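Drug on board: clavulanic acid.
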Amino acid sequence: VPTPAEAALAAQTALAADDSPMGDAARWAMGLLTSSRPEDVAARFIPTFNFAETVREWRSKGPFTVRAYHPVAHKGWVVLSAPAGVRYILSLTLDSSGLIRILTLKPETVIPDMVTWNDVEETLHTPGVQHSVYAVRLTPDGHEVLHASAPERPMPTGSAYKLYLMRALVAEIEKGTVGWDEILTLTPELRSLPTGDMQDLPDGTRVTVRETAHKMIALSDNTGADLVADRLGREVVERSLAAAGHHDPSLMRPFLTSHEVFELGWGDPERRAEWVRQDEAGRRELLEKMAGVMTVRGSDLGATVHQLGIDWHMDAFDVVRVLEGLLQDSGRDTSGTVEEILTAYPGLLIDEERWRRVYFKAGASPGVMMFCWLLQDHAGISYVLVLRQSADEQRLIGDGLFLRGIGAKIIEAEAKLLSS
Ligand SMILES: O=C(O)[C@H]1/C(=C/CO)O[C@@H]2CC(=O)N21
Ligand SMILES: O=C(O)[C@H]1/C(=C/CO)O[C@@H]2CC(=O)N21
């Protein structure tokens, strides 16, 4: 079990040796911090990416020593110590060819090793934040509850809704009304904001349903999700919710697109007040009228709107049911198409000797953070873990590393907390 010096050394060596998009980006970003040029920056970041002052300010906090290195597909974290025992984390999010989309250097997110479920609760609780932790073992005759805090509370879940979109898509594939190799076309009206990369493709770009669904899940791609939602039709997405495991489908009718949440939530305040006072009919009418190219930009987001219904609300039971249903859908799909999409990005470094398969999905919106996993061992025993936070102020929640890291610690301690 690695001592401090051992683990820091192992992290430093791993970072140097990481021959991958994350390795390349993490080494370059560390270079900015430890060294003593606008062209070289332009080339490392996404084309649509002040930074000189940002880097000066970061550099002033050093010198830095690498203490941990956590690459996970297109996301990565490097834990750094600066003088006098102060720690920071460098977070990286990459696009599909390894360009940097997000790069931040922030005070360390501290998550202790978990021994008990009470450790989880006492760590997570923040005044002003509603949270929920739900962990179950799935069995032939129902779920065994390992731990529950407020699983009955319906809460906003952001991109967790893409799990329902996935089930709706699979239901249509099974019916033969859509095919995995059918072509979807990106138009100006179908473009959404990140998370995701598909928005960066040119107008007219032709992409298969398979590759669109893959990015929808694996990259939480908002534009990919909206392409699927457009192809299926809102009625098909909605008509599905009851089957795919939702307790009060009226909470997600009309079933919003990401474009609609962004545009309604952070655009015209009058149009947003109209939503609030309208019934289901008036809301559908309002959405039809709002259809077109987005006006809202990433810079406009901030204020919370989930409390107005402009998000996707479900309880913890709903999340378990949709994941269990996807496990069932995957098994029925003998081609392995569903399984490949679901397992591409497990959100953490996974012990593959323990877990045969891991599904993962995150959701985030101002004032909203959630992470969920389905983990199935090699004997076939499945566990589901659902973590949720909502608040009236985004600063109370933060960038989501806290809640993700709590999940990481639970999964690390699975023998104590899940499978005991
Ligand atoms: O896919 C992930 O891991 C992303 C995400 C996506 C939801 O928009 O939300 C959480 C915060 C973050 O960086 N995670
Ligand atoms: O393994 C862990 O404990 C946590 C972590 C913590 C950052 O210090 O970083 C990676 C991402 C995550 O949730 N893991």
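Sequence positions for chain A are given in the PDB entry numbering; the residues included correspond to 8-43, 47-59, 64-434, in order. Order of appearance sets the numbers: ligands from 1, and atoms from 1 within every ligand.
- The chain forming the most contacts with clavulanic acid (ligand 1) in this entry appears in the PDB entry as ORF12.
- Clavulanic acid (ligand 1) lies out of reach of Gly172, whose nearest heavy atom is not under 4.0 Å from it.
- The protein heavy-atom contact nearest to atom 4 (C) of clavulanic acid (ligand 1) is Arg418 NH2, 3.9 Å.
- Close contacts between clavulanic acid (ligand 1) and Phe385 involve ligand atoms 10 (C) [criterion: under 4.0 Å to a heavy atom].
- Nearest protein heavy-atom neighbour of atom 8 (O) of clavulanic acid (ligand 1): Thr209 OG1, 3.2 Å.
- At a 4.0 Å heavy-atom cut-off, clavulanic acid (ligand 1) does not touch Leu233 at all.
- Here is the list of clavulanic acid (ligand 1) atoms found below 4.0 Å of a heavy atom in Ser173: 8 (O).
- Distances below 4.0 Å separate heavy atoms of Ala378 from the following atoms of clavulanic acid (ligand 1): 7 (C), 9 (O).
- Taking every non-hydrogen atom of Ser234 and a distance limit under 4.0 Å, the qualifying atoms of clavulanic acid (ligand 1) come out as 6 (C), 7 (C), 8 (O).
- Nearest to atom 11 (C) of clavulanic acid (ligand 1) among the protein's heavy atoms is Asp413 O, 3.6 Å.
- Nearest protein heavy-atom neighbour of atom 13 (O) of clavulanic acid (ligand 1): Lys89 NZ, 2.8 Å.
- Of the protein's non-hydrogen atoms, the one nearest atom 1 (O) of clavulanic acid (ligand 1) is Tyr359 CE2, 3.7 Å.
- Ranked by closest heavy atom to atom 9 (O) of clavulanic acid (ligand 1), the top entry among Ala376, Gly414, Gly412 is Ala376.
- By chain and number, the binding site of clavulanic acid (ligand 1) at a non-hydrogen cut-off of 4.0 Å is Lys89, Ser173, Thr209, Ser234, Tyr359, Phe374, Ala376, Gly377, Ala378, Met383, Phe385, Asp413, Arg418.
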